[PDB]
> 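Complex under discussion: tigecycline bound to 16S ribosomal RNA.
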Amino acid sequence: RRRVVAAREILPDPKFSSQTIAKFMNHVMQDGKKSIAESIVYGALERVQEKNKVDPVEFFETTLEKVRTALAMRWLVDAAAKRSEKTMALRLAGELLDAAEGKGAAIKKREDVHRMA
Amino acid sequence: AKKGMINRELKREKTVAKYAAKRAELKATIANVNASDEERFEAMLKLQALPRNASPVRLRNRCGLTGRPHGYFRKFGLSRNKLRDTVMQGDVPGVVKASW
Amino acid sequence: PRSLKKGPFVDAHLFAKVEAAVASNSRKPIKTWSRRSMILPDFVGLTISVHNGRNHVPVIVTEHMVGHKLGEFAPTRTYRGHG
Amino acid sequence: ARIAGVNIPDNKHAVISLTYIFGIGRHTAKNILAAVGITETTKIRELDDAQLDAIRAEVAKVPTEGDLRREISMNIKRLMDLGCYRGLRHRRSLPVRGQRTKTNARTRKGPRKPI
Amino acid sequence: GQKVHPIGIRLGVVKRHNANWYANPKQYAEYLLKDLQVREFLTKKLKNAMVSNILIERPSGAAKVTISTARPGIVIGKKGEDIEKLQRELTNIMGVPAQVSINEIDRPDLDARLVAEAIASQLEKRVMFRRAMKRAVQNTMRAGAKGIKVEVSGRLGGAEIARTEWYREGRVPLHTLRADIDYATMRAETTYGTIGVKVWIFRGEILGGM
Amino acid sequence: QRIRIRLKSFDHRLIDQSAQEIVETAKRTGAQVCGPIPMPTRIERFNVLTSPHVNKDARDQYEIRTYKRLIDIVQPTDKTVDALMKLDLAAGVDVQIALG
Amino acid sequence: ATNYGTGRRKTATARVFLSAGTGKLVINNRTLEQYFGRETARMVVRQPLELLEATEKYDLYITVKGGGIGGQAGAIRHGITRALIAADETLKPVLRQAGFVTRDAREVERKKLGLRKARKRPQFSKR
RNA sequence: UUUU
RNA sequence: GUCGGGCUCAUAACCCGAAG
RNA sequence: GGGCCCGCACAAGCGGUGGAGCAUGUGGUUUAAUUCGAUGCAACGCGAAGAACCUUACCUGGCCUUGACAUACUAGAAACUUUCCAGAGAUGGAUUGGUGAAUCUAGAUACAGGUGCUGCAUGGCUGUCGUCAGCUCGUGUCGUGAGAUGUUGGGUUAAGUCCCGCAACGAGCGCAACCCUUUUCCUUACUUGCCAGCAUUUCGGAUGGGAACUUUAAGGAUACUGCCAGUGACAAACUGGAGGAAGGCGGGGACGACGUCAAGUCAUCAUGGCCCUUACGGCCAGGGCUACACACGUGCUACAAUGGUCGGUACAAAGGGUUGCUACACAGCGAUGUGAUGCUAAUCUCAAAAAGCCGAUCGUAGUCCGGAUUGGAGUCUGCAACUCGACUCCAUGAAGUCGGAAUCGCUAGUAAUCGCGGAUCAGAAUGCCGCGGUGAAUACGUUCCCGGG
Ligand SMILES: C[NH+](C)c1cc(NC(=O)CNC(C)(C)C)c(O)c2c1C[C@H]1C[C@H]3[C@H]([NH+](C)C)C(O)=C(C(N)=O)C(=O)[C@@]3(O)C(O)=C1C2=O
Ligand SMILES: [Mg+2]
Ligand SMILES: [Mg+2]
Ligand SMILES: [Mg+2]
Ligand SMILES: [Mg+2]
Ligand SMILES: [Mg+2]
Ligand SMILES: [Mg+2]
Ligand SMILES: [Mg+2]
Ligand SMILES: [Mg+2]
Ligand SMILES: [Mg+2]
Ligand SMILES: [Mg+2]
Ligand SMILES: [Mg+2]
Ligand SMILES: [Mg+2]
Ligand SMILES: [Mg+2]
Ligand SMILES: [Mg+2]
Ligand SMILES: [Mg+2]
Ligand SMILES: [Mg+2]
Ligand SMILES: [Mg+2]
Ligand SMILES: [Mg+2]
Ligand SMILES: [Mg+2]
Ligand SMILES: [Mg+2]
Ligand SMILES: [Mg+2]
Ligand SMILES: [Mg+2]
Ligand SMILES: [Mg+2]
Ligand SMILES: [Mg+2]
């Protein structure tokens, strides 16, 4: 507060036990509807895995690096929204693939920040 | 309140006490299904022929000490103010300050 | 509205006056304080000086005015304009 | 395609395109496409003109654009002329069912006005 | 300011109620009001007596009132004409055959009720309120209680602006719920208006709940 | 024959003392008792505005709790129920007895 | 060969009966997927036994009343590890370092007198 | 930055 | 410039919006 | 006026309000009257835990005088009970059963009576600073004395909380604890509640039974730097980690010091005083508080797909119920109606939880979004729903495509969201108070903003 406080830990997601993707599905989550979030993000991962075969816990982590933590998640989740192609599980999965292939939608969305350097 | 109000409510509920069984049997006669309908019109007309102050719908509940009509409690028969000051001096059974 | 199984509502005083002035075909209007009695086909032609809080406004019970209460025909709030 | 004098949407379900006719909502369109026998899922684009005329006969048993609008404005006219409470309220563009007026009447009363 | 009433907060904690009955959830108010008039009348019938407490019991549909007073004489006098007719006078107000017993209050100086009684009986005697309060705290601390506050408020003896004065000698723990604290308030009806007497007396904590 | 005694009170220090006062009472001249089961308690709460005039937030929140207890006397003797009604029940506790 | 566990999380109770047998589950006379459509509730229902990597050496007959989806999932997992370390006490260290042993205390906080929602207070207004 |  | 809002315990300024 | 410190005070985040429709309170205006109170924080869903009549205090007319009700005095009659009419009603008339205390009537004198004024004459109660940490006393020391010290300084802490310093040493009221609740375990209690193990299973603890378990409600145990490491001044304290269900104040609630604001309230009540007494008192019926060019506050609902609709299937707690809730059956599209049933209740009922999950559907639009608004036809309460109720069905389908300056709440089972309940109450909750379901993000830091010691 005025003096000092710590941070809070979150229980790693029950599918892969990776804390980062759990923190990520805690970002699409809104109004306590964790089920919607879990369905959305697991669907995004199961879509990015079968095409572009990569271990998905390894995958999201090898793709967020070109986005930078929490700020990258916000940029993703909103850049994942302004697509209106199909269900949200799809415009997160296509956005993860766009970030992997080095697009401008999220891979170079923060480039305007590196442009400012 | 002004004593006219307490006398007015003693008045109204005294009436309701007077014409009670009459209003009850009339209300019963109306909802009858095995009765003639000339009667089911006579009963209506006679019921609404009563004093306005006959039907307890017109009453209002008031404090057992002051007579204050807002803030009433049917569990106690008093309004709010004298209720507070009686619960605190230890005059009521069961009531304490609540917390959970 | 009132429940159709309870029938329409009419007061006893006004209705006694209406039944006594139909047998006379009186032309004097009926001065009432009801405002709540429903307009019957009995009433057509007659004119009721019905209250409006301050005054009595006589309204002539016309044909399309059935199914209304008396008071519906006397605006109780005075409003002309603001400015 | 052309039912009761309106061009209902074509490439859409039948129960939902039947409601563009002023006088039909979901209940009445469901009643129509039940009494004729065409399921609501069927898109209008796939309708042979053997059923359009039956459903035309159906809407013809319904008060629709012209006559409905007419008798609507005619009842309000009876009210306006009968000089009763609600006719008065209709003359002034105020809420007539008994809604508050100190504020919160900008749909009957229009938008806000300055001094 | 804005303090809770002393007895009201230690009611389920360490104090007992001045009414001990049971009443079904639709016949409760009948009994309560039958009780309130009885208290209201007894507090005048025994006003120049020295009552400090009225306890009304309704055992199994009966009536038994116990008044804890200092002088059982003034409420009895000649034995055989008041307490057996006072039960007649109460039965008319409770509506149930009533009984009235006597609680001879030893140490007639531990009652905030009676300290307030004497203090206001002096105030309406047109006495100097400072000597009154302080004489009363002398009277009460000596008698064995371990703390006393006396509070007195409002147009004291007839000035035009109100003021409040208190005297605190000893120990009075109010935030301590296990503290046996007697508290009583009264109104001295002077010809100048109303003076409010409040009296807190302490005697030592309660150890053991109930 | 069964004797279901149900106790009610606004206080529990009274109901429990009366129950364990009567249970021993019977067990002295008999047997076949199933003890005072505790049945869930009713707790009704109140809010009382405390000021005379206008302070919506300032409220004393009160409670009142009615506690109920069960007591079974399965097959008591003929020298038991006599000593059962031959026992003075305090105030603040109500006892209702039903033969099954 | 019969061991019992009582697991409370929010308002749930989750009476768990664990026995040595096959890997089979019945949640209030209903199968694991017949009961929790949220297959993450099943994921944490299968947190403790799978952490011990057994998942086949015990049958579980469970009965839970109270709470919701997540409350009952956490309650069942709780009761399961209680039954578990009541069987093989030496297990408690491992189930301690992942958090499956601790009765989660957080209950819903009560509403307040004057407050919207128990810490939500009315929108403050000046002038 | 004006007023107590 | 005015009118409505914002700003202050209270004022203009200032900010906004609108009509003109 | 400085200095320090603190606190969703700012910061970071999350969500709102200001935009739009409506609900509600206020200002204004209006008006016969729109009754009065409450005006920064600390008035503005406020007194009011519920204005159709009643409440009701206001207006319009219509009526009354020892007065609707207290006692003090005089006379004839038991309280009473019917029945009708004039009347908008009050109000009056006219009739039947009954034959020293009472209960009306009649009269006169004091008197009653006012929600009339003054909260700036008062009490009694409340807000507020603010759960902010302070407020003192005794001795002993300093100051001719009032006074000071203590109670200051370094730290620390939620804290005049604790330690170390120190002419101070102690003590009290405040703080904390004692109180209630919630988390784990134990003893008792075993029905109405429970079903582990047996069997009977009409598949329903149902029914024998069992007293295990959940629960239920009484009596207790646990937690305290206790243990180890570290920083620290032979210190407090703080950082751990071990154990532990819980770790450091585990979580919440009640309790609100001395005082301030001539803060609020003569419309709860009481009271000194002033005013009225064919009315400023009492009683009626209709209106009104429900008005509407407008201005503000606080909310409810949405603008969409993390969604709408339709079908299938789960899982709460806490409350209420005899003038009441009503299993079930029959009728209706429904609100509901009729019969019918158990229940004074861990027994019967409200009662369906919703969001959730599964399947289809719509494909980014003023739309299958959103429901305002209006027309039409009803149901129930009620003596009556015009003014001025709630609900139900059909049609009707505005605004609104994330909102300016600005601004509010929040640090964890919380914000966010999803529904349930009650009090008041014949009927009338988006308000109040509660209940549970799902369930985040962030806190670098004290330079500033705001309140305080
Ligand atoms: C000085 N004047 C104006 C005054 C006079 C009286 N009393 C009288 O009229 C006379 N009293 C008699 C009957 C003669 C004994 C007064 O009674 C008052 C006041 C002042 C007001 C001021 C109020 C003020 N306003 C702006 C709300 C205010 O804010 C406060 C405050 N912040 O504390 C007040 O004190 C105030 O509300 C108030 O109480 C006043 C009076 O009491
Ligand atoms: Mg009065
Ligand atoms: Mg009423
Ligand atoms: Mg249409
Ligand atoms: Mg304390
Ligand atoms: Mg709770
Ligand atoms: Mg509020
Ligand atoms: Mg504001
Ligand atoms: Mg911030
Ligand atoms: Mg004032
Ligand atoms: Mg006279
Ligand atoms: Mg004052
Ligand atoms: Mg005062
Ligand atoms: Mg300090
Ligand atoms: Mg201290
Ligand atoms: Mg003042
Ligand atoms: Mg006065
Ligand atoms: Mg006044
Ligand atoms: Mg009236
Ligand atoms: Mg109002
Ligand atoms: Mg829709
Ligand atoms: Mg538009
Ligand atoms: Mg906090
Ligand atoms: Mg909640
Ligand atoms: Mg400051």
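In what follows, chains carry the letters A, B, and so on, assigned in the order in which the sequence lines appear, proteins first and then strands, with residues in each chain numbered from 1. These values consider heavy atoms only, across backbone and side chains, with no hydrogens, waters or symmetry-generated copies. If you check the header, you will see the structure was determined by electron microscopy, 3.0 Å. Counting convention: from 1, in listed order, for ligands and their atoms alike.
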> Just need the ligand numbers or chain letters for tigecycline, all copies if there are several.
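Short answer: ligand 1.
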> Which chain letters belong to other chains having any non-hydrogen atom below 4.0 Å from tigecycline?
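Those reaching under 4.0 Å with a heavy atom: J.
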> Looking at tigecycline, are there other ligands or ions closer than 4.0 Å?
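Those are ligand 16 (magnesium ion).
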> Around tigecycline, which residues have heavy atoms within 4.0 Å?
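Within 4.0 Å on heavy atoms: J:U118, J:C120, J:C261, J:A262, J:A263, J:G264.
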